[PDB]
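Opening remarks: the structure here includes Taxol.
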Amino acid sequence: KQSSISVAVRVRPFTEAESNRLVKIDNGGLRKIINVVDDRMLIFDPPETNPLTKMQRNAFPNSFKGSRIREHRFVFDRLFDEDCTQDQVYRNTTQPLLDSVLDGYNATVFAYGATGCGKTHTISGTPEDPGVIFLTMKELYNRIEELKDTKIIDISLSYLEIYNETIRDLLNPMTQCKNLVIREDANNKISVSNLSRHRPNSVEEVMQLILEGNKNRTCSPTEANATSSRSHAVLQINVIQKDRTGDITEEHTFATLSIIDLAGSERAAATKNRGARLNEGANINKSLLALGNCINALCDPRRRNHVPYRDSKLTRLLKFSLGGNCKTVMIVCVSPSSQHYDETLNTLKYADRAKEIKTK
Amino acid sequence: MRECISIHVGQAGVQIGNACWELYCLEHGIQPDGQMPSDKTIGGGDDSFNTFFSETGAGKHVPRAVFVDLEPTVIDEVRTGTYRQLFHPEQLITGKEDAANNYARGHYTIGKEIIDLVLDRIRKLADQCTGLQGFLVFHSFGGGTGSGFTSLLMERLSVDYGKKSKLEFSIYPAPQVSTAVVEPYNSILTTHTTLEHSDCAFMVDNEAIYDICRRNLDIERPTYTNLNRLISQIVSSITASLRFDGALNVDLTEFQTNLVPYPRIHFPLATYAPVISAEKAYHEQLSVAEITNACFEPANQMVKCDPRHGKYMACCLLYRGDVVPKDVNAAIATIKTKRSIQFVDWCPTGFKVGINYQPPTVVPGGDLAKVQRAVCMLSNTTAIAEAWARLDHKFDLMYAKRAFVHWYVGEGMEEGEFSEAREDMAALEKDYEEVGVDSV
Amino acid sequence: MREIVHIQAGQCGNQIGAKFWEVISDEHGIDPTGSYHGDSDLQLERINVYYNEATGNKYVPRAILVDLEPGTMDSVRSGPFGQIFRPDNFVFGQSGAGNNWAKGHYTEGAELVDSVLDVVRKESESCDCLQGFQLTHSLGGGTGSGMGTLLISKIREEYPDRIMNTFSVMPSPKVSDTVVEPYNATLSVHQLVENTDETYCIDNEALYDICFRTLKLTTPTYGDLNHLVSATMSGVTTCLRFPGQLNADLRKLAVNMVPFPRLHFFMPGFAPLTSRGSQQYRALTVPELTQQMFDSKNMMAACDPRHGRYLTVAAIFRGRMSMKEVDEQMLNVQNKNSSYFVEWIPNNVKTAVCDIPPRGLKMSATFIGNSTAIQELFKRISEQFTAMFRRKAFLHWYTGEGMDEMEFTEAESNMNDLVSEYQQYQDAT
Ligand SMILES: CC(=O)O[C@H]1C(=O)[C@@]2(C)[C@H]([C@H](OC(=O)c3ccccc3)[C@]3(O)C[C@H](OC(=O)[C@H](O)[C@@H](NC(=O)c4ccccc4)c4ccccc4)C(C)=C1C3(C)C)[C@]1(OC(C)=O)CO[C@@H]1C[C@@H]2O
Ligand SMILES: Nc1nc2c(ncn2[C@@H]2O[C@H](COP(=O)(O)OP(=O)(O)OP(=O)(O)O)[C@@H](O)[C@H]2O)c(=O)[nH]1
Ligand SMILES: Nc1ncnc2c1ncn2[C@@H]1O[C@H](COP(=O)(O)OP(=O)(O)NP(=O)(O)O)[C@@H](O)[C@H]1O
Ligand SMILES: Nc1nc2c(ncn2[C@@H]2O[C@H](COP(=O)(O)OP(=O)(O)O)[C@@H](O)[C@H]2O)c(=O)[nH]1
Ligand SMILES: [Mg+2]
Ligand SMILES: [Mg+2]
């Protein structure tokens, strides 16, 4: 029908240091496991190897040593191939949400991806190629400017993080996690308490706030990367609005735009250090599983009787920011190099759980 | 020499090892304290026991074993029981909780705390061996330790040794009987290590051995001791060729050459035919023909699968006792005449035969009777795939709702892996459906 | 090596703990003085699980007694086994909670929680390896419920990766010794659902029914109910202390019993229970224990399992027995009563076996069920809670101790969500 929860998957382009280092075998190595067939259809680990017949004959009932098939057919609500730039990604993914946020209903964006996948490029980007966040908030401020007449709008920015099932205000540190408690107001609004709500007046102020918040994010060394993040960062923009010259009254309408940068799944990778690292990884994996279960239950019409919102703090915080009323989009960023092969598959599987489209 | 190193992972493996080493000590005349009295009585120097024991200067015999578990209870029972003085004191325990029945805890978090000690002890044992033949790994698919730690250990062994044989004597989950809710997850996640690293995996389910004990041995209340004793008899019959002379000796390499047609089809079914009570030891001739026919009956199989629903791709018979080759030839001809035992068209020969002159030794207080003849049959057949398919169904019933998955992902495991292993199992099943089809 | 730190809170928890330590001391041969006068080596093989060694060949139980009034502490000290406990582990205040959750959780309990946690840390750091904790208390009370929840939360913060059991005595619908039971029970269930791995629900009504019907006792007292709960508690942790054919620790039970992280409210029971003058009329075998375990009347939580579906079950047997008999009996129970078991779990019954039966009995078994019927208890509490909260019957006693009505609303919503979650797995699918 419509199924408001939508999945858009973006394939990173090969870096210059990647192609020359890897493409030698084609003329690690450049297998290019990801291959886009259509805007809703891709292949993972295809039989694109040219000298494959000599063993594909053995794959038949002649010699049972390579009969395993890893060619995976994947179907998603939207795809972005190597040549896709940022502008049309912003148009297809987050631009319609700006209507809903201004219509009265909330909106939600997730950003998921493993290490070396290009998530930071997509959400943040560079000063010359701004990411999705900058474009979205710039368009929001623009639409405020056009709608300045006959309607007054206020913007409230908050930015928190979830870490080991505890909440931390990024913009107001040295606050006890016990103070930041999730509630449920009678008007179906979550509004976690004791958050330093800021009223930026321009997109530049929003980006500055995002930078100071990222400065306080929880990261750790001694992994595949020395800054891979260990927590789910949630940025909420409350758009309040009321009529200027019309029915001037205390009543008003307000909505929320949520943007969630998710920490990738963890496999320990024999971290002899372990220690907190294990607990952090376990909590991250449990939160990801809870979010996946919530999304799958929302997309499934049979299990709509109960959705496990209470399983994790992240799911509880977005109790009224995932359902049919709210618009949810999910940006899954994957890399085409074999160096991250298994990781990419895991990421793709996490994208598949949202809607099991078996009828390709 | 013909050394073999036995590894016992988990409670099931350790108790099977207790039975196995009881049987070996009785077979070779070694006392529970490690002293063989034949050296003081006869003089020694004319015996073959290097396959399972190492001599010291004092005359003591130390078994070539590595008892490993993630809890102390079972190993402490071994260290306090009758055989406390037999084994070397280096029996490995993690000084913490066990895997608690999940693959992730025993593979990623707790299993990596004692892996180095196990590999070091295996290195020390292998260094003492001049003619090491292979490894005999005992564990259970359903257990957390027996799955996760076995997977880790076999990965390390394949990396380090590689060319040496590795035999899996595992306990597979039964179709209906079970003793844990999360058996399907642990068993499915063990597919990779038992498919890619093991060279020949023997699978047995308790239900079949319970039925054998009920019907053959006339025991209405069997316990795990009897099951372990039967499995010990099987392993002894397998390894008898390395220890005693015989008309047709069959070592591990010849066995694998004759039984494994393709690298992936290495999951045979084991059978001990002449299992009978002492009361029924009489009233029966138990000649070679009767025992060989008894091997093929679907009731006597030790995995709940019907060979009639598949094709016998290969078979190896290992006889013990008063057996002549002509009797075995007549028995094989009688089997080949039968129509219900269907063989694949691309294996006209079919049967490998080995004969040994040492009859089986009865353990006092056991169930099996003293028999002049015995045989162990190991058959690679396509029916075993059915035993997997049932398990796969169970896995699906738990994985649709992601039940118990949070326990696994909270111990350093990705959610996607659950699917991947399942796919591997499915692929394996397809192979077992493709080998059996007749040629064009 | 798998050390358990036992914590007692409130009158009910302290009494159950005293009886529990009497039972365990009898099991391991420890005398009231603390010296070991047993007759089997196995009893000393795992004495370290519950006891700490002391210089003059003594065994001090690793127990922590907590309260906010000294009367129960004096009663336990004057008891037959009072001399076995460590005097430094008796932590108590002077002003009681007044059967008020707020006093025991915010004002009066917050002062004593620091001392209790100091003693808890001192006990924990002496363990070679800590399996987890084990709390006994009652949610319908004051100091017991509030202190238990506060200690649970703080210990969970300090020891996030350790098992946290809880033997909580639920309020009965019929039996009621307090008027403000629903508020305390709701505010305690709001905390237990978030910060525990296992919660063994016990109800005084069910224990009284067991005493009247199964045991045919004429005048049961709290001693008999504590005896039943003691038998349950000893049965749960039997594989840690004695060898068996199939071992099962607390973590293994937590893994098998719990399908989803919030469904950890278990229904306990003890298998051999008969009158004094009726043991001679029955053979003690595995089918008898099996059919007594799954019987409705033997449950200790005041629920009918026939009104729901068993999400999962565990049976921990004790004695010399055949694994075939146990497996066949569990399979037969599953097949015969397939209506009361969820279809999306192929095997709902975990089995564990121990080789050392309790002194006296030739055989025994402990049942730990996990079924949807437990939701009924919560529903009953809600049926009272709202009835006291729409009109705010006794709310000022709670708001006078710094509490807000928002906490009441959050607790009610959380319990309702738990009930809905349990109900979701009741419809056939
Ligand atoms: C002559 C005879 O057979 O004596 C039995 C007995 O008559 C019965 C009725 C016993 C008896 O129990 C009761 O009458 C009883 C009363 C109130 C509450 C609970 C039980 C017995 O008291 C209980 C006692 O049980 C034990 O000794 C266990 O080890 C038990 N420990 C204690 O009861 C205990 C004793 C002294 C100090 C502290 C505790 C136990 C149970 C589970 C786990 C660990 C320990 C036994 C053998 C008996 C008597 C004495 C009459 C029963 O006991 C249990 C708990 O299994 C009740 O039904 C069983 C079956 C027995 O046949
Ligand atoms: N045949 C046989 N099977 C056994 C024996 N002991 C245990 N098992 C099997 O083992 C399975 C349970 O897994 P275990 O191997 O005991 O688990 P574990 O290896 O101790 O690892 P943990 O779960 O961490 O304790 C059961 O399904 C039993 O059927 C035995 O003595 N003989
Ligand atoms: N669409 C794109 N076009 C051009 N270069 C890109 C694109 N996406 C990613 N890159 C480049 O590819 C590299 C990896 O992307 P990047 O966004 O830095 O991932 P990352 O954030 O550093 N890894 P991680 O921190 O674990 O998410 C960088 O050099 C990016 O500039
Ligand atoms: N089993 C048992 N239950 C008790 C005992 N004393 C009280 N209770 C139950 O616990 C409730 C009272 O709780 P209480 O122990 O007084 O809480 P506290 O005062 O805060 O410690 C009552 O409703 C009783 O049903 C006891 O000795 N044994
Ligand atoms: Mg980066
Ligand atoms: Mg074990």
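Residue numbers begin at 1 in each chain, while the letters A, B, ... track the order of the sequences. Side-chain atoms are counted along with the backbone in the values below, which use heavy atoms only and exclude waters and symmetry mates. Atoms within each ligand, like the ligands themselves, are counted from 1 in listed order.
Copies included, the model assigns Taxol to ligand 1. Within 4.5 Å of Taxol, most heavy-atom pairs belong to the chain that the PDB entry identifies as Tubulin beta-2B chain.
Other chains within heavy-atom reach of Taxol, distance under 4.0 Å: C. Heavy atoms under 4.0 Å from Taxol belong to C:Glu22, C:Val23, C:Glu27, C:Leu215, C:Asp224, C:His227, C:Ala231, C:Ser234, C:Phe270, C:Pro272, C:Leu273, C:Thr274, C:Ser275, C:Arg276, C:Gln279, C:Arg318, C:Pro358, C:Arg359, C:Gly360, C:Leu361. According to the PDB, the organism given as the origin of chain C is Sus scrofa. Looking at Taxol, you'll find an N or O of C:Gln279 within less than 3.5 Å of one of its N or O atoms. In the vicinity of C:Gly360, heavy-atom distances shorter than 4.0 Å reach the Taxol atoms 47 (C).
When distances from atom 60 (C) of Taxol to the protein are checked, a heavy atom turns up under 4.0 Å.
There is a protein heavy atom closer than 4.0 angstrom to atom 28 (C) of Taxol. Protein non-hydrogen atoms do reach within 4.0 Å of atom 51 (C) of Taxol.
For atom 21 (C) of Taxol, no protein heavy-atom neighbour is found at a distance under 4.0 Å. Atom 48 (C) of Taxol lies below 4.0 Å from none of the non-hydrogen atoms of the protein. When distances from atom 39 (C) of Taxol to the protein are checked, a heavy atom turns up under 4.0 Å.
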Quick one: Taxol N/O to protein N/O pairs below 3.5 Å?
from  : atom 1 : to       : atom 2 : distance (Å)
Taxol : 3 (O)  : C:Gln279 : NE2    : 2.6
Taxol : 27 (O) : C:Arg359 : O      : 3.0
Taxol : 29 (O) : C:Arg359 : N      : 3.4
Taxol : 29 (O) : C:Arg359 : O      : 2.7
Taxol : 33 (O) : C:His227 : NE2    : 2.6
Taxol : 58 (O) : C:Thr274 : N      : 3.1
Taxol : 58 (O) : C:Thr274 : O      : 3.4

